[PDB]
Undergrad: 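There's a structure below that I have some questions on.
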Number of protein chains: 2
Amino acid sequence: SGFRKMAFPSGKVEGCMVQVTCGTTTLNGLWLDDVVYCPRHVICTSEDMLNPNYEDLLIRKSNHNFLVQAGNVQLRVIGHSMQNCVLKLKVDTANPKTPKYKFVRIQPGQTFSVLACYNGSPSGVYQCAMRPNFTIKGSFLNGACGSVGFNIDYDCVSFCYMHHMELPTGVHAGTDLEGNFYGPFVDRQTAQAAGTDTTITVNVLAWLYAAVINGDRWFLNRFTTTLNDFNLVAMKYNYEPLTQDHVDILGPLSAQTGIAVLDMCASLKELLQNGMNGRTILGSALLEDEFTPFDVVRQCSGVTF
Amino acid sequence: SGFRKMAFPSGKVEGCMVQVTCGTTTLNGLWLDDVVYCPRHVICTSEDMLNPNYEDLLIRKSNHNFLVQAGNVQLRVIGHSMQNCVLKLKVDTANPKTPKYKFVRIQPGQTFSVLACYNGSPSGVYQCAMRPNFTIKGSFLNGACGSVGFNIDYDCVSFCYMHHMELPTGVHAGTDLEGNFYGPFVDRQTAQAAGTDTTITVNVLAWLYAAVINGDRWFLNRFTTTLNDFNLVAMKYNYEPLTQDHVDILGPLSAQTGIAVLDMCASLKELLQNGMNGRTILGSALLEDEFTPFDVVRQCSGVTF
Ligand SMILES: *C(=N)[C@H](C[C@@H]1CCNC1=O)NC(=O)[C@@H]1[C@@H]2[C@H](CN1C(=O)[C@@H](NC(=O)C(F)(F)F)C(C)(C)C)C2(C)C
Ligand SMILES: *C(=N)[C@H](C[C@@H]1CCNC1=O)NC(=O)[C@@H]1[C@@H]2[C@H](CN1C(=O)[C@@H](NC(=O)C(F)(F)F)C(C)(C)C)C2(C)C
């Protein structure tokens, strides 16, 4: 028993981190086989970042201008190209620690682990959700760019995020590993802001199931609701609409606990309308929305990699 | 910016996990050089666990009865001994992935990362504090025993915890890597309970400094207090006494922010007496006590390993 915010084991990703320096700008890169992936603004000076023409800046670079270091070993760069907001450096050595991997683009509401790195070296690992406004609530400093987010499935690392920038209120934005931003953001140092966020309803429901599994059942009421009636009530509280796809994904937790999804919805509705009356659920005084249904099943069933 | 509960990168520890089976009991072991460390109740049947005589049970075992698997490779056991509540299996192969390491016994209030494992394979990583009642608030299922807790310092893994058991209310107990339990617990399936816990005051103060660093400053008041007066007030709210050692360890955060420790204490005193008035600090509606001063400095300064 117990329920904690839990990251994937980071070792397979640690074996892929390198540092990339161009001029006096240094950030992190991801070394998979004989390619290093990193944010394209490694080619910018501080002044360039205010309004960069990345294509122009990259024209003026050649392979040898990129100093790629894997530990204290320099990796010779033998080619380069830009794909959207990511630079791809071909090196003459394939990474022997390359895991089985995929590049995926995740959906708002899905979670992933972040290996926060500086100068090619890992600092820590934490779990994040892609918010509905396409930011993540991360923890990043100067030099963190190129840190990646990922999920693991058995032996396969699915990379889904590369870190690029911090937005007002201390939230974070980046790209998939093809260099395409999540959300309407651009990699330029000019005023940008995320839109209003929303609460990930299906994840709150997943976490209420986690609570029941752990014996924290006080909030279960005796009622049911329709999906329509739930979504009308949830809308007022800035909860995203619960879809039938969401109901279907909650099925395994529903079947395990014997609580119908729409009965859980009736209990959540009462929590939204009435509050928690000073009580906690799984030790939290707020409803938690950064555990997916699969996160709950992995943790409570002991899925390994 | 941003502040998250953050674990150490787990790769160095992942390379040390194996599975240990004796009879039909399987749990995790830690393989360092040519020794595997694991909980001694691997030698118990379910019935033995109700009242085990470990010395007697181990007399009846020989080396070959221990099936140690590192992936799909069996490690031949060539010796064994018991040290307190840990079994040490000497194997004929040294682990080539052994990191620089130490065995340490940590103090209540200190934090560590847990790599939760099943059948020798990692499931996830999360951060925990050794509570003042010598339990941890973990997340563990059947088969998790032998999972370890650790801190990293540059290249050196300090192992501080091995998981053995779950106590009432879903909290957890275990040993250091010399097999000595934290707290008054024994590895026997008989009713045991932790004593009343207390809040780790120095960690709450550290986290309030983390909040100021991130710009969450609303709770700063205009007052100071004496250490004596603070500790009288904190006692009522089941906060542990703040010592001069604690004040000294908070020094770097105090100097960085320009807020004297005793001025922070005056702000915490007001939070304890008045509550948070429905507000959050770093997104939490409760005061958080599982970040140490060094945890705050590592995360906000980007310390790497
Ligand atoms: C990569 N190493 C950093 C990570 C930042 C630094 C502080 N916390 C982080 O996550 N990325 C940058 O510094 C990027 C980069 C130029 C400026 N930048 C920002 O993150 C800035 N944000 C914005 O300009 C805004 F608001 F649009 F997101 C900054 C004000 C420095 C936080 C480029 C090329 C976007
Ligand atoms: C190791 N694989 C398990 C981990 C447990 C299992 C459920 N969650 C966990 O953390 N350790 C055990 O099953 C140990 C073990 C016998 C019984 N045990 C317990 O954890 C039991 N707890 C107690 O007996 C109590 F309350 F004293 F802590 C159990 C009721 C199964 C949770 C031995 C040898 C102590």
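Chain letters run A, B, ... following the sequence lines, proteins first, then strands; residues in each count from 1. Determination method: X-ray crystallography, 1.6 Å. Side chains included, hydrogens not; waters and symmetry mates left out as well; all remaining heavy atoms used. Counting starts at 1 for both ligands and their atoms, following the listed order.
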Undergrad: What is the name of the drug located at ligand 1?
TA: nirmatrelvir (bound form)
Undergrad: Hey, quick one: which chain has the most contacts with nirmatrelvir (bound form, ligand 1) in this structure? I'd like the name as the PDB entry has it.
TA: 3C-like proteinase nsp5
Undergrad: With a 4.0 Å cut-off on heavy-atom distances, which other chains neighbour nirmatrelvir (bound form, ligand 1)?
TA: A
Undergrad: Can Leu167(A) be said to touch nirmatrelvir (bound form, ligand 1), with heavy atoms closer than 4.0 Å?
TA: yes
Undergrad: Report yes if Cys145(A) has an N/O atom closer than 3.5 Å to an N/O atom of nirmatrelvir (bound form, ligand 1); otherwise report no.
TA: yes
Undergrad: Source organism for chain A according to the entry?
TA: Severe acute respiratory syndrome coronavirus 2
Undergrad: Check whether any protein heavy atom sits under 4.0 Å from atom 10 (O) of nirmatrelvir (bound form, ligand 1).
TA: yes
Undergrad: Looking only at distance, does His163(A) have an N or O less than 3.5 Å from an N or O of nirmatrelvir (bound form, ligand 1)?
TA: yes
Undergrad: Select the closest option to atom 14 (C) of nirmatrelvir (bound form, ligand 1) among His164(A), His172(A), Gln189(A), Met49(A), judged by heavy-atom distance.
TA: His164(A)
Undergrad: Quick test: of every protein heavy atom, which one is nearest to atom 26 (F) of nirmatrelvir (bound form, ligand 1), and how far off is it to 0.1 Å?
TA: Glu166(A) O, 3.4 Å
Undergrad: What residue and atom, if any, carries a covalent bond to nirmatrelvir (bound form, ligand 1) in this entry?
TA: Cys145(A) SG
Undergrad: Of all residues in chain A that touch nirmatrelvir (bound form, ligand 1), most belong to which UniProt domain?
TA: Peptidase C30
Undergrad: Measure the distance from atom 6 (C) of nirmatrelvir (bound form, ligand 1) to every protein heavy atom, then report the residue, atom name and distance (to 0.1 Å) of the closest one.
TA: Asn142(A) OD1, 3.6 Å
Undergrad: Identify which residue UniProt marks as active site in chain A lies closest to nirmatrelvir (bound form, ligand 1), and report the least heavy-atom distance rounded to 1 Å.
TA: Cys145(A), 2 Å
Undergrad: Taking the non-hydrogen atoms of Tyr54(A), is any one of them nearer than 4.0 angstrom to nirmatrelvir (bound form, ligand 1)?
TA: yes
Undergrad: Less than 4.0 Å between atom 30 (C) of nirmatrelvir (bound form, ligand 1) and some protein heavy atom, yes or no?
TA: no
Undergrad: Define the binding site of nirmatrelvir (bound form, ligand 1) with a non-hydrogen cut-off of 4.0 Å.
TA: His41(A), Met49(A), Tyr54(A), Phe140(A), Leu141(A), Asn142(A), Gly143(A), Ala144(A), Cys145(A), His163(A), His164(A), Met165(A), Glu166(A), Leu167(A), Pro168(A), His172(A), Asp187(A), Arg188(A), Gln189(A), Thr190(A), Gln192(A)
